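The following structure: pleconaril with Capsid protein VP1.
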Amino acid sequence: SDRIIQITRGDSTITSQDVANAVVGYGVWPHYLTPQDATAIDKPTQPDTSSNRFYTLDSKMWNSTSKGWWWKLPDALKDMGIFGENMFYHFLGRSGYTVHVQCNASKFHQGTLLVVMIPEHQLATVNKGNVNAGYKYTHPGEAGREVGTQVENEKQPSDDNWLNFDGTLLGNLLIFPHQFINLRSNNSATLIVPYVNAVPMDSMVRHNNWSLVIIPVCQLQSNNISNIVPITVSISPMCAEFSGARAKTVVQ
Amino acid sequence: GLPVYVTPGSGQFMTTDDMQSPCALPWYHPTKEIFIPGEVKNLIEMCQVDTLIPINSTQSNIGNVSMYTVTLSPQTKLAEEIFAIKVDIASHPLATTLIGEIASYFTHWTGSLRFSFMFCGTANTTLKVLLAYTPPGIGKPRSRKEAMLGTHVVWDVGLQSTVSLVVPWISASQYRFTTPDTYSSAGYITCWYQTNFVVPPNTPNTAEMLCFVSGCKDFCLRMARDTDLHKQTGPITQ
Amino acid sequence: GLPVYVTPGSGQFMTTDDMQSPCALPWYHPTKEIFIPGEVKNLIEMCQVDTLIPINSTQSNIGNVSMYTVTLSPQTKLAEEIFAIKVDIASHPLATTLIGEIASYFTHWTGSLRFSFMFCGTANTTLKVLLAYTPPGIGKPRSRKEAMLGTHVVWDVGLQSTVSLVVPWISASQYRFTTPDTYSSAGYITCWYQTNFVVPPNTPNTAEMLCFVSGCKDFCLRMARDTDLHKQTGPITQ
Amino acid sequence: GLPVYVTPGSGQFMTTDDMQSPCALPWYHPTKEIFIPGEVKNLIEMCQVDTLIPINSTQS
Amino acid sequence: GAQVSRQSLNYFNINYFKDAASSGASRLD
Amino acid sequence: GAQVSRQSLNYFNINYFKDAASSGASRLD
Amino acid sequence: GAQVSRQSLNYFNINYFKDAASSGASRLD
Amino acid sequence: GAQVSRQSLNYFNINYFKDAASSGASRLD
Amino acid sequence: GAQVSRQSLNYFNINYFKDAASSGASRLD
Amino acid sequence: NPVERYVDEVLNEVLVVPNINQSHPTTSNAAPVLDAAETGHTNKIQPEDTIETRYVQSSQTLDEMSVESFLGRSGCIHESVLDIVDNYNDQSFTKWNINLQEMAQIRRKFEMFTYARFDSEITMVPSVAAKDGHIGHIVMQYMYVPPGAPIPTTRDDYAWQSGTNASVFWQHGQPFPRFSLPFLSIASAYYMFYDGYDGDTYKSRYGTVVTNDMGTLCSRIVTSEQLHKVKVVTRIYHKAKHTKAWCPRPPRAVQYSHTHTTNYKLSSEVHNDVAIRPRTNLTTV
Amino acid sequence: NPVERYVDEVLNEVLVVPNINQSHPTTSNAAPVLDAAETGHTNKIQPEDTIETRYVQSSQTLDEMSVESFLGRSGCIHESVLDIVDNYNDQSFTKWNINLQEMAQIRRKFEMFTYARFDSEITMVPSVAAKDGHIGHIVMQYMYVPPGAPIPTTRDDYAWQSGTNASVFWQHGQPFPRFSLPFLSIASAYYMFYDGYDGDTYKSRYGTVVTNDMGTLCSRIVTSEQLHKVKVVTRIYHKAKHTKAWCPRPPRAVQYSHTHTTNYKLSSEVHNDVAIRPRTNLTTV
Amino acid sequence: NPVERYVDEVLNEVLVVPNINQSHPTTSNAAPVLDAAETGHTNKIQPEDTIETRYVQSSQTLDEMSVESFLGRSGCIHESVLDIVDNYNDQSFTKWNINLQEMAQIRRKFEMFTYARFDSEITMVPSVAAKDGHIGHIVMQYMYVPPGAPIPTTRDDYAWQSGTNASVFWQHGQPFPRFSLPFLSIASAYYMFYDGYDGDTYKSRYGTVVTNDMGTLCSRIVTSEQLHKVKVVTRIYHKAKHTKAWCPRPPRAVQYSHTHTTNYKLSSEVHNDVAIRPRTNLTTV
Ligand SMILES: Cc1cc(CCCOc2c(C)cc(-c3noc(C(F)(F)F)n3)cc2C)on1
Ligand SMILES: Cc1cc(CCCOc2c(C)cc(-c3noc(C(F)(F)F)n3)cc2C)on1
Ligand SMILES: Cc1cc(CCCOc2c(C)cc(-c3noc(C(F)(F)F)n3)cc2C)on1
Ligand SMILES: [Zn+2]
Ligand SMILES: [Zn+2]
Ligand SMILES: [Zn+2]
């Protein structure tokens with residue numbers, strides 16, 4: 001059946017009996033860095049199955065007024081087992097990902113989530129001159145950011161979902177790898193993205209390569225609103241490799 | 001030396017010329033190029049990707065996600081009109097879509113357009129709708145019967161959430177102007193209730209619909225020009 | 001004559017252009033070239049030669065040979081820090097070394113650096129020291145344990161007076177800026193007592209150490225630029 | 001560079017000259033040409049067609 | 001971009017720019 | 001520095017300066 | 001438009017414009 | 001004064017003046 | 001008017017005008 | 001054929017679009033018009049599938065829509081001003097922190113991609129305004145000071161010697177200066193966007209300002225002080241050559257406010273801040 | 001022979017006219033001189049048929065009478081004026097709705113055909129009049145704004161950046177600017193005449209104004225305000241290259257009055273409105 | 001292949017750097033990291049010997065670091081001034097004792113070698129400052145007077161005839177003058193340094209002034225006296241072509257003070273006289 005999917009990564013296996021196929025960002029499957037493209041000369045460390053496994057973040061609650069949510073990678077996994085440990089003990093990291101978003105309701109519920117993976121999602125600030133989004137705000141961790149909640153601070157990012165938090169129109173996010181979770185059709189979304197950057201490896205601490213954005217474009221409605229409908233995110237690194245070992249970096 | 005005749009145009013600077021010039025950094029060797037996923041070689045690649053139409057961009061909706069959805073519901077009158085817009089790739093509300101934005105960087109366009117619609121209601125919500133394209137030389141249809149006489153698709157809502165209506169290139173001339181010009185206005189897309197929006201008891205009485213657009217294999221843009229969909233009214237400072 | 005189109009750039013004088021020009025001394029025959037030892041064909045040749053690092057260039061030492069030596073001696077506390085500097089080839093105190101000076105004539109650099117140390121104490125003086133390279137993305141190590149976790153060499157003083165620590169090219173980008181720029185700061189080299197400085201009786205209780213630097217087979221400079229390690233604030237007269 | 005001698009006439013604009021010039025619309029592809037009846041290639045074609053003489057063109 | 005002929009009378013029909021619009025007056029018939 | 005072709009239609013792709021950056025717009029695809 | 005000769009002494013009689021009137025002084029006899 | 005090469009990629013190393021001093025920057029190694 | 005040589009080092013001794021007086025300095029011996 | 005390809009270049013018929021084939025009435029349980037946008041893919045249905053089409057030979061070409069063409073047109077990126085008002089020594093020279101972020105037109109086009117790699121063609125258009133009547137003999141010097149090189153602080157600073165930096169001298173009356181630049185980054189491509197910092201603290205910088213340092217463009221009127229004051233405005237034009245772009249993105253929908261940042265401003269009535277024109281209602285064309 | 005054809009081009013002997021052959025006295029019931037103009041055909045009788053002719057070798061050529069030649073001469077189509085009178089900001093830039101209908105000489109020639117397809121060569125002749133004495137350093141910018149592109153509304157409008165539109169910068173003292181344009185229509189040929197409208201109501205527009213929109217030519221003096229005021233007049237010249245024309249028609253017989261329309265005016269004495277000169281009577285040569 | 005070498009020139013990939021090969025853990029009594037700097041040799045240890053490296057294909061080239069490239073950029077070596085103040089005959093001409101020692105930037109680079117042999121490219125940038133308003137028609141004459149040739153002592157000296165010396169005439173408005181010079185020394189290479197004298201007494205001269213005589217560069221405004229006074233400053237630029245250098249040496253560490261001599265000055269606080277920045281202590285990065 002083309003409605004079913006099983007994804008096995010390391011010691012984790014995820015399933016969904018109502019998928020809308022899967023997406024491979026830019027049609028490129030994640031792969032390890034080759035010697036022709038590499039620049040750093042020390043032998044890389046490749047944790048393999050101890051890092052290339054599904055890590056489930058904190059679930060979020062989707063309700064009639066939700067404006068959306070976003071996470072940044074690898075920030076979101078900074079505290080996830082071996083993968084997390086590796087991004088702080090090394091100067092350089094490189095990884096692809098399998099992002100599996102989960103959301104089920106009932107055949108009597110309706111709602112639609114636009115699930116997007118944006119490369120270099122450089123956030124903007126609003127009406128604050130040339131002051132940019134503070135490091136703290138673009139590094140929320142597994143908790144991510146809940147659009148429409150944060151009590152404004154000067155260095156706080158734009159919270160306008162219709163402007164992609166960056167001065168561009170929401171309707172055009174579809175140009176990035178994406179899927180929709182239309183409650184009437186599927187209960188999950190699956191996106192597999194390769195490493196994308198202008199350099200072969202980079203600092204996992206100060207550079208977030210991908211941003212996962214989830215915006216409810218079609219409002220959640222049903223005649224049984226008391227039943228909470230969560231949204232859960234499970235991300236698995238792929239071909240994770242690190243270089244430039246040393247002491248563990250401590251942020252803040 | 002070799003006798004030469006300096007021709008008109010010499011010494012001029014045309015922003016679109018294609019000449020060679022000495023390199024200011026002789027001997028400099030550029031950084032090795034590495035593989036990066038997602039390379040684009042031609043803008044047509046971007047025109048072929050669906051993007052949402054802010055079709056419901058009424059003043060009260062602009063600035064909200066709702067400007068992208070159209071609401072459907074049980075009707076009391078038959079064959080009611082649902083929406084109506086011009087087909088012109090660079091007119092409003094198509095203007096800010098990716099294909100509309102790119103079209104706004106050119107003066108001419110041609111080819112067939114692909115409009116898609118995804119029903120956002122519950123799995124138990126049924127509906128039949130008629131999507132029609134009215135070729136030019138006549139006003140927009142005032143009724144379903146009037147619209148139905150043109151190019152159309154009857155969409156039945158079911159397991160497959162999305163339907164597509166192709167607006168074939170039906171024009172006197174091989175190309176049309178992208179800017180709103182009478183002579184080259186391409187027609188309309190209207191949507192009507194074919195049957196009705198029906199639901200079982202205890203099911204929401206309204207549902208949303210998302211609208212997409214992209215170009216077909218024959219879509220093409222011509223004559224590069226600056227866009228009027230973006231401006232600068234002051235200095236951009238550091 | 002042959003019709004020509006004078007292109008933009010014509011008549012301009014670009015200090016880095018590469019054109020031909022008539023010779024002011026026609027028929028002149030240059031002096032025969034004779035063999036002279038020591039010809040250099042590429043600056044890389046000079047970058048591969050060790051030169052001393054004025055590593056101990058404190059205000060009180062500058063202007064004295066002592067600015068080139070680091071003093072070692074018997075410690076009362078274990079694993080004490082000996083010295084610490086940035087690895088950046090054009091930062092201080094590496095700036096005035098030959099490779100640092102040459103690097104200052106270019107905008108970009110890449111490759112592995114070779115740091116060497118020669119123990120200047122007596123033949124009966126023993127010592128074990130730990131030389132470490134801390135890749136970027138973290139502050140300089142605050143202890144030997146912290147430093148030891150990175151790239152390092154444990155140096156045992158013996159018959160061979162000199163040891164070398166290679167700072168491998170570990171960077172996100174293929175090149176870095178030679179000028180002190182945050183994004184491209186390459187890390188640190190720290191030196192710590194592995195065991196201790198030990199001597200027999202009647203032997204000087206301190207000893208000097210000389211520090212050298214040069215580039216490895218992969219060192220390379222790019223984008224020629226004027227140096228800021230030298231200036232002219234007035235006319236140079238006869 | 002190649003030594004050249006700028007000849008008289010250079011830089012001038014003669015309305016009947018026949019030179020080449022850079023195209024302001026690079027990469028632009030003109031509309032396909034279709035068959036249209038009645039093409040004329042030389043004015044002699046028009047000179048060979050009878051037309052009436054206003055031979056009786058008195059003021060009145 | 002030269003349509004070099006031969007006969008020796010070697011014709012050199014040169015197109016200096018890469019656009020057809022750029023060339024001079026057309027040939028006849 | 002000329003990539004002389006032949007067919008007679010002899011193409012002459014000339015690079016006047018010794019740097020790749022110096023040449024004009026690239027070819028397509 | 002070149003009347004290329006050979007002998008090597010290769011003569012290059014070039015006519016820059018497409019009109020006979022445009023060329024320089026004539027040859028003798 | 002041209003050092004015409006071939007490969008077709010025909011290199012044309014031209015020396016416009018009759019003095020070695022007149023030519024541009026030298027080749028490497 | 002070119003005395004094209006060959007060796008490949010192709011010499012191009014060109015006389016731009018049709019008068020001997022017009023050419024540059026003479027060769028030696 | 002290197003010659004057949006040549007003809008396609010002259011005619012601009014390198015990238016042709018496919019023809020429309022004749023189609024016929026159909027009755028089948030294969031429904032191309034139906035699909036699922038949830039998949040994230042675009043339905044690949046063509047006109048022959050939804051109507052009965054005729055056969056048509058396409059003559060359109062996609063050449064002009066190529067990236068090389070889209071980003072290969074010279075646009076203004078800076079307007080340098082040297083205005084002699086009351087002190088020749090202080091006003092006859094200036095400097096500019098180089099960037100492709102100050103002018104909206106070319107900035108928006110590059111920003112329709114995440115990464116771009118290209119060589120550059122810079123063309124300068126200097127114009128001398130005669131404030132008092134004459135302009136004398138104006139000679140300009142433009143010097144590229146890469147990051148690290150000494151920046152002149154007076155019109156006679158030794159740095160103007162340009163012993164290593166590239167300088168271009170232009171003489172009024174001569175054609176517009178122009179030169180090429182090779183891909184300059186220390187990375188494989190220029191970052192149009194950068195979701196990263198130059199550190200990990202609340203005070204670290206964010207955005208492309210961290211990765212796009214290009215140095216300084218210093219300029220001065222070489223000519224020494226003259227009786228009549230002039231105002232020289234040099235406009236810099238940039239064009240990309242031999243271009244490659246990656247990961248297309250949504251076009252800038254609101255006005256730019258600053259360089260190297262996506263920041264923007266919103267008024268109390270947001271419909272005024274975007275190109276979207278308010279519709280009377282869903283059915284008013 | 002591509003070389004034999006070359007000689008014909010240089011000598012202008014590509015299209016030769018036929019010879020006259022010797023003819024003789026005739027007596028026959030075949031009467032070439034008699035025919036019927038009602039048929040709508042022209043009697044194809046030649047001189048050898050009506051008189052006894054000698055043999056003559058024709059040397060005339062029809063080359064110069066070719067369409068390429070007839071429409072291939074550069075003529076003035078516009079005279080743009082920038083006259084600095086009392087406000088530099090308002091008077092230093094202008095715009096023109098492009099058309100080939102403002103100057104009678106070239107307009108009449110094109111209008112001798114119904115449809116025409118050709119590339120264009122535009123040549124500009126700018127001339128700076130020194131109203132107060134000096135002209136300083138004059139630099140001009142001409143920008144082609146295709147229909148839809150933003151039209152500048154001030155001398156510093158962002159549109160002047162020309163990030164995509166083609167612009168030509170000319171510097172006083174340099175040769176006259178010139179460039180080529182490819183056939184621009186969305187149709188297969190330009191309409192010299194169009195018996196149609198842009199709608200079907202009493203208020204729809206009639207004529208070529210409906211089909212011949214070519215955009216706007218915007219121009220400005222790049223040089224900033226100078227002490228002495230100047231008046232720059234840029235005359236635009238157009239020439240057709242690689243031309244084709246269809247369906248010849250009667251030449252314009254009265255003066256033109258407006259663009260894109262065949263409208264005309266008549267006085268009380270119409271013989272004054274046409275080139276026809278009144279004859280004294282039928283027999284006064 | 002003379003054509004394969006051509007491609008390397010265009011791409012600047014003539015001198016490639018070696019790759020880094022994968023290395024492995026080792027345990028041996030062969031210790032590459034240990035050596036003896038006393039030998040005067042540099043330890044040739046590479047990264048593969050001190051850590052476990054991966055395999056990496058190098059793409060860097062040493063082309064730009066070549067001597068030809070390092071000394072092949074045109075830099076200013078002299079700024080000649082002709083300032084008409086109150087006596088045209090005395091102020092309209094001047095002379096310069098030629099040398100490459102007056103400007104620090106190019107001097108320091110040449111002085112990084114003991115001997116250098118090269119041809120020269122001289123480029124001149126003249127600029128006429130209108131002190132009173134107009135500049136009229138300025139024509140300049142630059143004449144190279146080799147050592148021994150008569151030096152003009154008035155603006156009309158017979159020496160200006162230049163019957164044998166090379167002279168370059170420049171006309172204001174024309175492009176910048178430029179010419180090449182062949183290696184000029186009576187020796188096989190130029191002395192960048194010379195530890196010798198021109199005699200053996202306490203009064204003999206020391207240094208390169210003894211070996212580097214290059215003659216005099218004389219110049220004058222050819223144009224005869226004009227009403228309005230001008231100030232012509234001609235800046236001379238030099239570049240080495242076809243270069244060879246021998247015996248590299250330490251870079252100049254303090255400011256230059258005079259020509260042909262290594263003399264220098266020291267203040268009471270020497271750290272101010274060198275580029276070395278005082279360190280807080282041994283462990284403060
Ligand atoms: C991304 C990205 C890419 C770039 C490069 C922009 C080009 O910037 C310049 C310009 C405009 C001029 C020079 C320059 N080089 O020489 C001269 C001189 F002639 F003006 F001196 N100007 C150098 C750079 C890097 O900036 N951001
Ligand atoms: C029928 C028919 C055909 C035409 C085309 C007339 C040519 O009109 C122009 C002109 C005169 C100039 C430009 C132009 N393109 O670039 C420039 C710049 F350099 F002036 F900017 N001017 C563009 C068109 C379409 O008009 N009517
Ligand atoms: C070491 C070393 C090498 C040199 C040569 C420096 C070049 O000096 C010149 C210059 C700058 C110009 C001329 C010159 N020849 O002709 C002219 C003229 F055109 F100016 F007359 N100038 C001749 C020399 C030797 O100086 N020191
Ligand atoms: Zn004046
Ligand atoms: Zn005046
Ligand atoms: Zn005056």
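Order of the sequence lines fixes the chain letters, A, B, ..., with proteins taken first and strands second; residue numbering starts at 1 for each chain. One-based numbering, in listed order, for ligands and for the atoms of each. Keep in mind that the numbers below use all heavy atoms, side chains included, and drop hydrogens, waters and symmetry copies. We show just part of the entry here, counting contacts only within that part.
Within this structure, pleconaril can be identified as ligands 1, 2 and 3. Other chains within a heavy-atom distance below 4.0 Å of pleconaril (ligand 1) are, by letter, J.
The binding site of pleconaril (ligand 1) (heavy atoms under 4.0 Å) is made of J/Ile98, J/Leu100, J/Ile122, J/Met124, J/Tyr142, J/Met143, J/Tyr144, J/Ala166, J/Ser167, J/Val168, J/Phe179, J/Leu181, J/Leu184, J/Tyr190, J/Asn212, J/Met214, J/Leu217. What the entry calls chain B is coat protein VP3.
Those other ligands and ions that come closer than 4.0 Å to pleconaril (ligand 1) number zero.
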